[PDB]
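Entry featuring apixaban.
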Amino acid sequence: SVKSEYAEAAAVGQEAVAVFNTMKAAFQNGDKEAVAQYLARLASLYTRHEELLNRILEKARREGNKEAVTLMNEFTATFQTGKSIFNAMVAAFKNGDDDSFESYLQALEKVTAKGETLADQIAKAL
Ligand SMILES: COc1ccc(-n2nc(C(N)=O)c3c2C(=O)N(c2ccc(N4CCCCC4=O)cc2)CC3)cc1
C-alpha cells in the first residue's frame, strides 16, 4: 500500500538522520576517517530515499490523494535543499574548510527539522 511503502521510506530516512548525528559527532571529535565513511553512507541513503519517494508520490497522485502529494512535494523541496547543501559540505570537507563545514552543518540541522515535521504530516495524510 501507500502506507507500507511509506514505512519503508521512513526507515531509510530514520537511518539517514541517525547517521548524520554520528557523522557530526565524528567531525567534532576530529575523526575524519569516520566523517568520510559516514558522508559516503549518507550519499547512498539520500539516493535510495529519492527513489522510494518518487514511487510513493506517483501512487498517491494516481490515488487522488492531493494532500499527500502536496506534502510530498514540500518534503522534496526541503530534502533537495538539504541535498545541495550536503554536496557543498562534502566539497568543504575534502578541501579542509572547517568553518564552511560548520556553517553547512547548522543549515542541515534546520533543513532536517523541516523534513521531520513534513514526514509526520505525510503519514497523517495517508
Ligand atoms: C514518502 O515521503 C516520505 C518522506 C519522509 C519519510 N520519513 N518518515 C519519517 C518518520 N516517519 O519517522 C522520517 C522520514 C524522513 O525521510 N526523514 C528525513 C530524512 C532525511 C532528511 N534530510 C536529511 C539531511 C538532508 C535533507 C533532509 O531532508 C530529513 C528527514 C525523517 C524521518 C517517509 C516518507
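Along the sequence shown, residues are numbered consecutively beginning with 1. We count ligands from 1, going down the list as the structure has it; atoms in each ligand are counted the same way.
Tallying contacts with apixaban, the largest count belongs to the chain named in the PDB entry as De novo designed ABLE. Counting only heavy atoms of the protein, atom 15 (C) of apixaban lies nearest to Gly13 CA, 3.8 Å. The protein atom (non-hydrogen) at minimum distance from atom 16 (O) of apixaban is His49 NE2, 2.9 Å.
Distances between N or O atoms of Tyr6 and those of apixaban include at least one value under 3.5 Å.
Here the heavy atom of the protein found nearest to atom 27 (C) of apixaban is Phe79 CD1, 3.7 Å.
For apixaban, the atoms closer than 4.0 angstrom to any heavy atom of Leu53 are 2 (O). Listed by number with element, the atoms of apixaban under 4.0 Å from a non-hydrogen atom of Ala119 are 5 (C), 6 (C), 7 (N), 8 (N), 9 (C), 13 (C), 14 (C). Residue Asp120 has no N or O atom closer than 3.5 Å to an N or O atom of apixaban. Scanning the protein for heavy atoms near atom 10 (C) of apixaban, the closest one is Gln14 NE2, 3.6 Å. Close N/O approach between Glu116 and apixaban is not found [any backbone or side-chain N/O within under 3.5 Å]. Using a 4.0 Å cut-off to heavy atoms of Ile56, the atoms of apixaban that qualify are 1 (C). The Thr112 neighbourhood of apixaban comprises atoms 23 (C), 24 (C), with distances under 4.0 Å to a heavy atom of that residue.
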